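Enoyl-ACP reductase bound by triclosan.
Below, chain A is the first sequence line, B the second, and so on; all start at residue 1. Whatever order the structure lists ligands and atoms in, that order sets their numbers, starting from 1.
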There are 4 protein chains.
Amino acid sequence: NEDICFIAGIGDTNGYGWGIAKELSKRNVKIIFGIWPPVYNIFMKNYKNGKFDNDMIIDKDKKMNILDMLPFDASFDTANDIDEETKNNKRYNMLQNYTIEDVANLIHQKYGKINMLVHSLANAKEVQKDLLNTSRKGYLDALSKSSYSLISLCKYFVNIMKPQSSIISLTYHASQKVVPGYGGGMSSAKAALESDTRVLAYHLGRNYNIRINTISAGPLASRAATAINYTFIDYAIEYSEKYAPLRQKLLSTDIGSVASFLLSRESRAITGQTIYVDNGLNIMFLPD
Amino acid sequence: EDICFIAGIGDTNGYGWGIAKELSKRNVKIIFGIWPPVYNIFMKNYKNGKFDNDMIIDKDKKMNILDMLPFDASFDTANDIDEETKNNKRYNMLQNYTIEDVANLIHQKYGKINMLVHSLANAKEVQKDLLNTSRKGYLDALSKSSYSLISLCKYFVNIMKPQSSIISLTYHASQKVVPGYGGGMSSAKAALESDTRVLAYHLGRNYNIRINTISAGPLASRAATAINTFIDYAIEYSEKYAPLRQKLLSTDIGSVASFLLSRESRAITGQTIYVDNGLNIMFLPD
Amino acid sequence: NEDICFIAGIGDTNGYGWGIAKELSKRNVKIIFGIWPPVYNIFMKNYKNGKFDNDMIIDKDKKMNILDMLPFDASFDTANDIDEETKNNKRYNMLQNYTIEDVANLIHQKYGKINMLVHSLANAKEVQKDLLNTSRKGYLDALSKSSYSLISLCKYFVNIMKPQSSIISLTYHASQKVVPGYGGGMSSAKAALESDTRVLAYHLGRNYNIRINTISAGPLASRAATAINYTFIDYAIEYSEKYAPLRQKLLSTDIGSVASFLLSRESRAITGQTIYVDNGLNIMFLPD
Amino acid sequence: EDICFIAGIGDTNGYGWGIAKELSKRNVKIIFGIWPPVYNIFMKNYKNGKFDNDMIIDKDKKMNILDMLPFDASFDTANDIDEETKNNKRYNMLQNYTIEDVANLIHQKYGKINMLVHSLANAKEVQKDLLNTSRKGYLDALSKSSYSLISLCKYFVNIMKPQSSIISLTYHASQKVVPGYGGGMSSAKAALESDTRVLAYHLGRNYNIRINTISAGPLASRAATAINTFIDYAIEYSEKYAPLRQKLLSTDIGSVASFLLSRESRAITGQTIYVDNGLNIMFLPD
Ligand SMILES: NC(=O)c1ccc[n+]([C@@H]2O[C@H](COP(=O)([O-])OP(=O)(O)OC[C@H]3O[C@@H](n4cnc5c(N)ncnc54)[C@H](O)[C@@H]3O)[C@@H](O)[C@H]2O)c1
Ligand SMILES: NC(=O)c1ccc[n+]([C@@H]2O[C@H](COP(=O)([O-])OP(=O)(O)OC[C@H]3O[C@@H](n4cnc5c(N)ncnc54)[C@H](O)[C@@H]3O)[C@@H](O)[C@H]2O)c1
Ligand SMILES: NC(=O)c1ccc[n+]([C@@H]2O[C@H](COP(=O)([O-])OP(=O)(O)OC[C@H]3O[C@@H](n4cnc5c(N)ncnc54)[C@H](O)[C@@H]3O)[C@@H](O)[C@H]2O)c1
Ligand SMILES: NC(=O)c1ccc[n+]([C@@H]2O[C@H](COP(=O)([O-])OP(=O)(O)OC[C@H]3O[C@@H](n4cnc5c(N)ncnc54)[C@H](O)[C@@H]3O)[C@@H](O)[C@H]2O)c1
Ligand SMILES: Oc1cc(Cl)ccc1Oc1ccc(Cl)cc1Cl
Ligand SMILES: Oc1cc(Cl)ccc1Oc1ccc(Cl)cc1Cl
Ligand SMILES: Oc1cc(Cl)ccc1Oc1ccc(Cl)cc1Cl
Ligand SMILES: Oc1cc(Cl)ccc1Oc1ccc(Cl)cc1Cl
């Protein structure tokens, strides 16, 4: 009764956010999407035109139920943070209550307290550049949008969450081992995120009895994954399917069912952890 | 039908039982492997109803135990048992309790299984610090606590379905110093965690079978009381300093095991997963 | 002949920068100090008034030789990055060539190419706040000054360094395990720094044959260490001296002699590494 | 005067020799512990001047070797040698080669030492994958490659000065899967790295003695050629993909060992230090 999850970072059905929504929907969790304003209207129109109907089919006995879909920008902590330019920009002008604080307030006002929170977003202006060639501003952009946004989400959402709630984010192994092409300070951002997951786990655990973990996912041909540049993601997938201990296609719903477990009471003694869902690729040193 | 063999249950106070309870919730059939020295007292307590309250899952269900078999992880095959054991009071009345014999017996009675739990450890010199542990004591720890996992996998893969899943239990003393966790137990756990990776590679590639290990926080089990109030200290420190200040239950480990043993976790393998209320993340007590 | 080291982050004789200078000076490496403008004039006056004379004594057979002392602010990559306000500020107005690019240029013009580089600096406006309570701006400040500054230093100094040169920075274990009181995103910054050390090691190793490592140091009662708030550092030191495998006072020159090794040819097969110099405290789980 | 015992030199092509060379540079007196099966061929090659070119440090200096003694890390004390070894062709002509006997002999001839190097490993089933390794094969790997370090420490601390330093060599297969590194060698290295921490605690607190381990990249030593062209592949892959694309030399490991064994590193203990041209940091070949 009333397992409600906010998923921050869905723009289509091709990423981990959607796989997570599907698996949770399967367990009858109510789902609220937080959608970035640059893609929000296109997502809504597609949704309304039934473009996602096939993708919403669970077992053909069940179909996903989505409780709400809200414009959301993890760049802005409160309304006072929004620069006049953004506020007035073509894609933002007609939207409201999309900062982290406002969206938590809106969710609370409409549905009461929630018990599950998903951070499924990242961004970096200079992702295409190697770390050495990343500018101060590009690096800080990657940290701001990909890492600090988690801390802020936690800060504002803990107020609208029940004790024993659970929070997850997504990370990538480039934080711990070198992945050429994962540029722009994304590796730095993921390293910060994994460390912040531990520190937040301490504070949230002690003060709120709330858990936080992160899933280190293997490669998935999402929309963001193309932004990296056959392309970077095509090589990653090919390499993973050839060399992982489990040689099988990694699905967004593989991450989804792990997410679902971490967000449930079944994982109540797990917190502060980086959990690898990557067909075991992370354990390998030397290829065959 | 799901069937899980759980090697290392002696009573209802350890992690093996909590894992059994949680799997039972999900309608998994459970087979216990019981160390022969305690096999007859276990059967007696069970028959006398000592475990009845511990078997209740809820209003609806009671634990279904498919079978309970003697199992000694010291011995790979029938040929490995020495005379002194053959002659032992608690062994002479039992049979087919080597790792291979148990695999063959389960397969013959019940067919193929799809879940395997290693929940056992031993070290005859656990009360000595590592520096004062003898070669025989150290190798005993590795033999009983680490190699037993490899042997379990070796003999059991033949009786397991593709997409089966295996777990063991470990402890953070492998990675950081726990004074008191002596006799090469820290060594054995480090080997277990590394072996979990290497086995994940061979089992995943050859059989599409997953293997992970759960690094559990402290629980006042029978084996824990043999370390030297060590466990009293560990539990008190964990409950005081862990990010989550709730009592760690065997079923907290059990529900994670159940997930790792299910298809829900089909993309996780070779991993050490911490189920310890977050204690492992702390650097210094606040 | 001509082992020259630039040490970025010395403001007095109480920190790791000074211990590193001493140990290198011991091996006859020439030392150039990069001194932050807020403390630069006070450092120079103290130096000129002989206040550091005792602290410069090596074995009483030898005394430290300092080749140069340059104003340096790791906040600014190039002259074009300096805001008009800073440029005109009381402490900056009378200084020149203190951005990362300008200082590399100046060093090159005066002394030619160098072969050793030390990043011994960190800053975070909100260090006193817990991570959960750190603002976006405070967090980005910590990353900018403590982590990105390393990348930028590398980017500009690789041009004035010889092949087979070596770079080190300093980090702290709070990046990997939770240290309450290490706030403001300093833990996040150190996690980024350790990850960036690997990524830089790849690029610098492959393109320049230059090594980079970081030293994870135990507690030292430096000036910065008081900024954290008996205080945070007093407890850290007390705890380290009581519980480390080696129960002995950790000296800045203990870090210095490790730094010196990492910067020398003796460590030519080590790169991308986080090296712990902390009397072994990091290996402990449970106290006695 | 500094004196270092180096256990595990068989010829001039391994890490033991490179460590000996580098310590010699710093005027450390060197004592070799040589596995009895190869002790007589080593002495013969040495006398015949086979190693003369390898002993040159430079224009100035030649390696000073204080002594060369038979040493078998399989045996803790005289009582541990079985008859079959006593009767063996290559052992019967040698004596005082157990770990305790060597410590006693060195102490009696030369007094206290202050540097100790464990540079040895063995595993009779190295060519089998972990899953197919027998209990006896696995325990042999742990016995010879891991427990030998604990025993070395146990017997040698008595003959060492306070502020002494100990190192061993390990390999990244303990932490990440290297197909080919079989027979429980990966297991033994994981135990070695964990044991390095636990020993650092006991040795640091009780004796103020430091212990670290160097995780080395691949070198075409004698033992390396026994793994199954494995080493040819490892070296080629390392030289192609490591951040530093220079040939890894035994003396690259030797200069790190020398530093860790000196007072320069007085604040480092319980650590695994990677000396591998940075290869360990890479996630996937570019
Ligand atoms: N795709 C992979 O292969 C892969 C591998 C490891 C980790 N991950 C992680 O998974 C997460 C999801 O990425 P994905 O691969 O599903 O791509 P995706 O495009 O499906 O997810 C990213 C989403 O975040 C949203 N977003 C971007 N900036 C935002 C902002 N400022 N505020 C609010 N929303 C914003 C975008 O609209 C986008 O829909 C990422 O954090 C990524 O780091 C992905
Ligand atoms: N209890 C804790 O605090 C704790 C913390 C971390 C990990 N663990 C791990 O969990 C696992 C279960 O232990 P536990 O804590 O439940 O104690 P337990 O006594 O409940 O379980 C250990 C069982 O192993 C069995 N056993 C011992 N030697 C055997 C052999 N040669 N062959 C077959 N069985 C043998 C014993 O009969 C015993 O029942 C162990 O591997 C332990 O290392 C326990
Ligand atoms: N002190 C400790 O206990 C300790 C423990 C672990 C790591 N460290 C690390 O060692 C390094 C040195 O710190 P410390 O403890 O010696 O304190 P410190 O005060 O001696 O060193 C910090 C110096 O950096 C300089 N600095 C600050 N911001 C700067 C900027 N924008 N540009 C140029 N210089 C700037 C300051 O002038 C200061 O002198 C730090 O990076 C710290 O993270 C210190
Ligand atoms: N060569 C590599 O690529 C490499 C990479 C990482 C680590 N290492 C480690 O470096 C160490 C040295 O090995 P190496 O590569 O120089 O090969 P090596 O053959 O030069 O050295 C191994 C030595 O150990 C000795 N030995 C074997 N069993 C013994 C016993 N029971 N008692 C005493 N001595 C025994 C052998 O005589 C041999 O001389 C090993 O521990 C190895 O694990 C080597
Ligand atoms: O983290 C990721 C890892 C992989 Cl392998 C693929 C995609 C990922 O996700 C991103 C990568 C870069 C940027 Cl700018 C934004 C996002 Cl969402
Ligand atoms: O690994 C453990 C860790 C803890 Cl904190 C408590 C009990 C544990 O389990 C054991 C410890 C020592 C031995 Cl000899 C046997 C077992 Cl089953
Ligand atoms: O990193 C550190 C770790 C410790 Cl234990 C003590 C001091 C440290 O150094 C700093 C800590 C915070 C800030 Cl704002 C600046 C600096 Cl130089
Ligand atoms: O550990 C090693 C790692 C590598 Cl890459 C190469 C050689 C090594 O050394 C050994 C490997 C196996 C055995 Cl049986 C004995 C030794 Cl000395």
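All copies of triclosan taken together correspond to ligands 5, 6, 7 and 8.
Other chains in heavy-atom contact with triclosan (ligand 8) below 4.0 Å, by letter: D.
For triclosan (ligand 8), the heavy-atom contacts closer than 4.0 Å come from D/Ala121, D/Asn122, D/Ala123, D/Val126, D/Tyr171, D/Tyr181, D/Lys189, D/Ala223, D/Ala224, D/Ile227, D/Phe230, D/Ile231. The nearest heavy-atom contact from the protein to atom 11 (C) of triclosan (ligand 8) is D/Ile227 CD1, 3.7 Å. Within triclosan (ligand 8), counting atoms from 1 as listed, the ones closer than 4.0 Å to a heavy atom of D/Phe230 are 5 (Cl).
Against a heavy-atom cut-off of under 4.0 Å, D/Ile231 is close to the following atoms of triclosan (ligand 8): 5 (Cl), 6 (C). Within the listing of triclosan (ligand 8), atoms 1 (O), 2 (C), 3 (C) sit less than 4.0 angstrom from a heavy atom of D/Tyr181. The deposit names the source of chain D as Plasmodium falciparum. The single protein non-hydrogen atom nearest to atom 15 (C) of triclosan (ligand 8) is D/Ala121 O, 3.4 Å, given as residue, atom name and distance. In this structure, the protein non-hydrogen atom closest to atom 9 (O) of triclosan (ligand 8) is D/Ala223 CB, 4.3 Å. Counting the atoms of triclosan (ligand 8) from 1 in the order shown, those under 4.0 Å from a heavy atom of D/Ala123 are 14 (Cl).
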For triclosan (ligand 8), find each of its N or O atoms that sits under 3.5 Å from a protein N or O atom, and tabulate the pairs with distances to one decimal place.
unit_1	atom_1	unit_2	atom_2	d
triclosan (ligand 8)	1 (O)	D/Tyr181	OH	2.4

